[PDB]
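Inspection log for the structure reproduced underneath, given as structure tokens.
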Amino acid sequence: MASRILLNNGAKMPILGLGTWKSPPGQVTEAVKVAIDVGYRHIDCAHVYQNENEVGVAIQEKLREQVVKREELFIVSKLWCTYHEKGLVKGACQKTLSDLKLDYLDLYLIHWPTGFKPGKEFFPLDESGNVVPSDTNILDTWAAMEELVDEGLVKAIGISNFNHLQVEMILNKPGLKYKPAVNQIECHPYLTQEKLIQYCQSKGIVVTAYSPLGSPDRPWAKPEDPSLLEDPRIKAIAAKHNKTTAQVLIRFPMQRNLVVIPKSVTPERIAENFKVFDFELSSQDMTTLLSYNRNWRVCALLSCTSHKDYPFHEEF
Ligand SMILES: NC(=O)c1ccc[n+]([C@@H]2O[C@H](COP(=O)([O-])OP(=O)(O)OC[C@H]3O[C@@H](n4cnc5c(N)ncnc54)[C@H](OP(=O)(O)O)[C@@H]3O)[C@@H](O)[C@H]2O)c1
Ligand SMILES: NC(=O)[C@@H]1C[C@]2(NC(=O)NC2=O)c2cc(F)ccc2O1
Ligand SMILES: [Cl-]
């Protein structure tokens with residue numbers, strides 16, 4: 001299995017990256033240093049994660065150390081919902097660049113299709129509870145993203161949590177200058193995403209699978225929720241291949257032509273999660289894992305279900 005996938009901007013993207021949502025600021029610098037030392041070349045970041053400065057300390061140390069060259073890293077970040085405003089997009093990108101200690105991003109994503117009222121709060125609320133939207137058309141946010149490419153701040157632009165009608169709207173944008181390179185979406189055996197993945201791939205958009213292990217550290221986890229890592233059917237496939245359940249869960253999206261971004265702050269697991277290029281799941285294994293689909297979502301942005309652009313009312 002090749003390590004990189006070709007994007008529609010002509011650049012190559014590592015199919016395995018390190019996730020950083022929930023990685024504590026006092027742990028993520030070591031996590032990213034270890035990741036780069038054991039082979040990771042792709043880090044998935046976001047301003048809303050509140051840890052980009054600490055991720056950046058690690059990246060900069062490894063560049064200064066000459067453990068890696070900048071051209072060999074693939075750093076991804078995302079535009080938060082409170083920065084949809086065309087006049088805030090550049091400053092949001094530049095703050096992320098400054099925090100990450102970078103002069104460009106390899107990929108910058110619109111984090112969600114939903115724009116929120118700008119301000120200090122990431123989830124600005126009305127007195128009665130709901131997300132206060134912004135009025136900025138997401139085609140206009142896309143144009144602002146295109147300007148970042150034309151200014152040299154980012155090499156590629158893309159989207160995240162867009163449903164197929166929303167992807168289509170971008171593809172059909174009057175005057176579209178750059179297609180999205182990537183759509184980053186939740187994907188794992190309980191949310192297999194066949195319909196949306198086929199759509200994106202037919203349009204030459206690469207899909208990145210987030211929460212591939214089912215996000216056991218998500219802050220709203222409950223006892224009775226289904227657990228990928230503990231599912232005896234998945235552990236059986238792992239046992240047959242002499243791999244861990246996490247390794248099967250990471251290899252699965254790789255064999256669907258997806259990029260995958262498991263998160264860990266545990267050095268042994270970071271190294272574990274990378275040793276997935278030495279085995280193959282059979283077609284029968286792949287179809288069996290696909291059969292576990294339950295339409296079960298980790299990340300449903302539940303405060304935003306009446307936003308006009310909430311993505312998950314549509315089938316796909
Ligand atoms: N675009 C979006 O809206 C969006 C949404 C969600 C996620 N993401 C991205 O996708 C990344 C991954 O998703 P996620 O963080 O939700 O969850 P995940 O990667 O599915 O699961 C992370 C959890 O699995 C544990 N873990 C990692 N490797 C393990 C292993 N080998 N064995 C057992 N447990 C293991 C981690 O523990 P330790 O860390 O304690 O080792 C952590 O609790 C995020 O960090 C973020 O970068 C993006
Ligand atoms: N509730 C949700 O679905 C999202 C998920 C999400 N995780 C992620 O990586 N992207 C997200 O937007 C997240 C991250 C945060 F830092 C804060 C909130 C939050 O909520
Ligand atoms: Cl963000």
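Along the sequence shown, residues are numbered consecutively beginning with 1. Both counts, for ligands and for their atoms, begin at 1 and track the order of listing.
According to the PDB, the drug located at ligand 2 is fidarestat. Bound to fidarestat (ligand 2) with the largest number of contacts is the chain that UniProt calls Aldo-keto reductase family 1 member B1. Binding site of fidarestat (ligand 2), heavy atoms within 4.0 Å: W21, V48, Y49, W80, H111, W112, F123, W220, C299, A300, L301. Atoms of fidarestat (ligand 2) found under 4.0 Å from any heavy atom of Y49 (numbered from 1 in listed order, with element): 8 (C), 9 (O), 10 (N), 16 (F). UniProt NADP(+)-binding residues of chain A with a heavy atom under 4.0 Å from fidarestat (ligand 2): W220.
Residue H111 has at least one nitrogen or oxygen atom sitting less than 3.5 Å from a nitrogen or oxygen atom of fidarestat (ligand 2), judged on distance alone.
Here is the list of fidarestat (ligand 2) atoms found below 4.0 Å of a heavy atom in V48: 16 (F). Of all atoms in fidarestat (ligand 2), listed by their number and element, those nearer than 4.0 Å to a heavy atom of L301 are 1 (N), 2 (C), 3 (O), 4 (C). Of the residues UniProt lists as binding substrate in chain A, a heavy atom under 4.0 Å from fidarestat (ligand 2) is found for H111. Considering backbone and side-chain atoms alike, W220 places every N or O at 3.5 Å or more from each N or O of fidarestat (ligand 2). Less than 4.0 angstrom separates some heavy atom of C299 from each of these atoms of fidarestat (ligand 2): 3 (O), 5 (C).
Within chain A, the UniProt active-site residue with the least non-hydrogen distance to fidarestat (ligand 2), rounded to 1 Å, is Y49, 3 Å.
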